[PDB]
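Please read the structure below before turning to the comments.
The numbers used for chain A are those of the PDB entry, and the residues that appear cover 8-44, 49-434, in sequence. Whatever order the structure lists ligands and atoms in, that order sets their numbers, starting from 1.
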Amino acid sequence: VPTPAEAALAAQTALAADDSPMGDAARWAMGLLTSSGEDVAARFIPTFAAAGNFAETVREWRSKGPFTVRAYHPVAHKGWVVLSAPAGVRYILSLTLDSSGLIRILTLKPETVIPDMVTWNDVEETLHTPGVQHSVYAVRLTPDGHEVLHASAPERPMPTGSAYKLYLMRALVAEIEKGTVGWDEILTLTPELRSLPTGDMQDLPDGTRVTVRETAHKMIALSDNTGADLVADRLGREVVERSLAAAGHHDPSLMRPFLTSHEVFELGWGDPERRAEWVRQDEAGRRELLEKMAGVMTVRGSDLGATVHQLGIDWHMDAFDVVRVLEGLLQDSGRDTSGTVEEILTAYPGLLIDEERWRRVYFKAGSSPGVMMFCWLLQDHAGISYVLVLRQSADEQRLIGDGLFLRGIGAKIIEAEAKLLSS
Ligand SMILES: O=C(O)[C@H]1/C(=C/CO)O[C@@H]2CC(=O)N21
Ligand SMILES: O=C(O)[C@H]1/C(=C/CO)O[C@@H]2CC(=O)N21
């Protein structure tokens, strides 16, 4: 158990030594904060829209220092640096990178505090926020069903954002198995198929040719919305929908029509009249509205904010549905002797994982205004699997925040697995 001084020193050294895209970006961003006084444009994605306000943003950040590194948490294309400022005030620097190491998101925010968890009640009492509906569901998978380790509101259907991509993955695998689509088949990016971040594929030029395998990899590992939309277009909505009952969903009608990310963005934050039409329409009327809406996006990232999940403009499922889709994916992966499914599912575990404990970890996050979820399947080297599903929804995005809180609650549960999961 490293003492505070030990932990900070280790973090400082690790940041200095990290020879990776995240290490490069984190050191550069820390340089911005600690330094005496076009280099910016070269470090960020080409379409970085805050470039004008950025000089002021950095001035304001710098005014909060001086800063000392206390913790460093690189996780693939995501990274967090915990900083202490004067008088014991703490902040977190959050980085999200694109596929070549350019910065997409860079924030410096008040520290997200998550205590070490001893009991499930610690989890519940930490997580609870007035005005936020939450759910925690943890199970051990066994031959003859699931052993419930903890449950709060698992039966409640809730919006889950990009968790829907798990169903899309199962639908894709089902079609690969049938031979109607192939891993090396080429998908082509068109202006109409481009969606918003999360993801990187939207940044590719019109006409870019990508394999089904690479597109599915990004769909899961980067939560790539454009990747997901390319897959959903190739399979077709009917195929995606007809798959839902088999892949584990209890009431497919909640995700009919099964929306694309493009559709959620455009409907959710585009013209209000069209959105009011959705609300008053039945399934037929909604399908008709979506067909009419097909085309190039008008909605931009800056338009998002107001919650729309309460109108059905999201993907609703219960915690049991999440466990079923994950267990289904575990089965699909084992059946795939090529290891293609496994490589996609294990690429990004969402945390730094103890690989001596866990043979495989599947992970998926979901987020939309007023929506946050994280889920993991963890299987040890003996073959015992656990599934953890964390969900939050609210009428106001500010009650949820950037998702580090819920992720960090998951991190603490997994850290305390011997007490909370495998006791
Ligand atoms: O993949 C991740 O870890 C991302 C994510 C993606 C949702 O599409 O949602 C949570 C919030 C965040 O930064 N996480
Ligand atoms: O390891 C942890 O406890 C948490 C954390 C907390 C931020 O101080 O940062 C990383 C991301 C995450 O969930 N981990």
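- Taking the chain with most contacts, the partner of ligand 1 here is, per the PDB entry, ORF12.
- Going through brivaracetam, fosfomycin, desflurane, clavulanic acid, the drug at ligand 1 turns out to be clavulanic acid.
- For clavulanic acid (ligand 1), the atoms lying closer than 4.0 Å to a non-hydrogen atom of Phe385 are 10 (C).
- In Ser173, the part holding a heavy atom less than 4.0 Å from any atom of clavulanic acid (ligand 1) is the side chain.
- For clavulanic acid (ligand 1) and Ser378, the ligand atoms under 4.0 Å from any heavy atom of the residue are 7 (C), 9 (O).
- Remark: clavulanic acid (ligand 1) and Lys89 share an N or O pair separated by less than 3.5 Å (distance only, no angle test).
- Every atom of clavulanic acid (ligand 1) with a heavy atom of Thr209 under 4.0 Å away is listed here by number and element: 8 (O).
- Proximity of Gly414 to clavulanic acid (ligand 1) is not established, as no heavy-atom distance is less than 4.0 Å.
- Scanning the protein for heavy atoms near atom 11 (C) of clavulanic acid (ligand 1), the closest one is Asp413 O, 3.6 Å.
- Using a 4.0 Å cut-off to heavy atoms of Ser234, the atoms of clavulanic acid (ligand 1) that qualify are 6 (C), 7 (C), 8 (O).
- In the vicinity of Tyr359, heavy-atom distances shorter than 4.0 Å reach the clavulanic acid (ligand 1) atoms 1 (O), 2 (C), 3 (O).
- Scanning all protein heavy atoms for the shortest distance to atom 5 (C) of clavulanic acid (ligand 1) gives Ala376 CB, 3.6 Å.
- Near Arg418, the atoms of clavulanic acid (ligand 1) lying under 4.0 angstrom from a non-hydrogen atom of the residue are 2 (C), 3 (O), 4 (C), 12 (C), 13 (O), 14 (N).
- The binding site of clavulanic acid (ligand 1) (heavy atoms under 4.0 Å) is made of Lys89, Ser173, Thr209, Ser234, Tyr359, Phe374, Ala376, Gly377, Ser378, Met383, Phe385, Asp413, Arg418.
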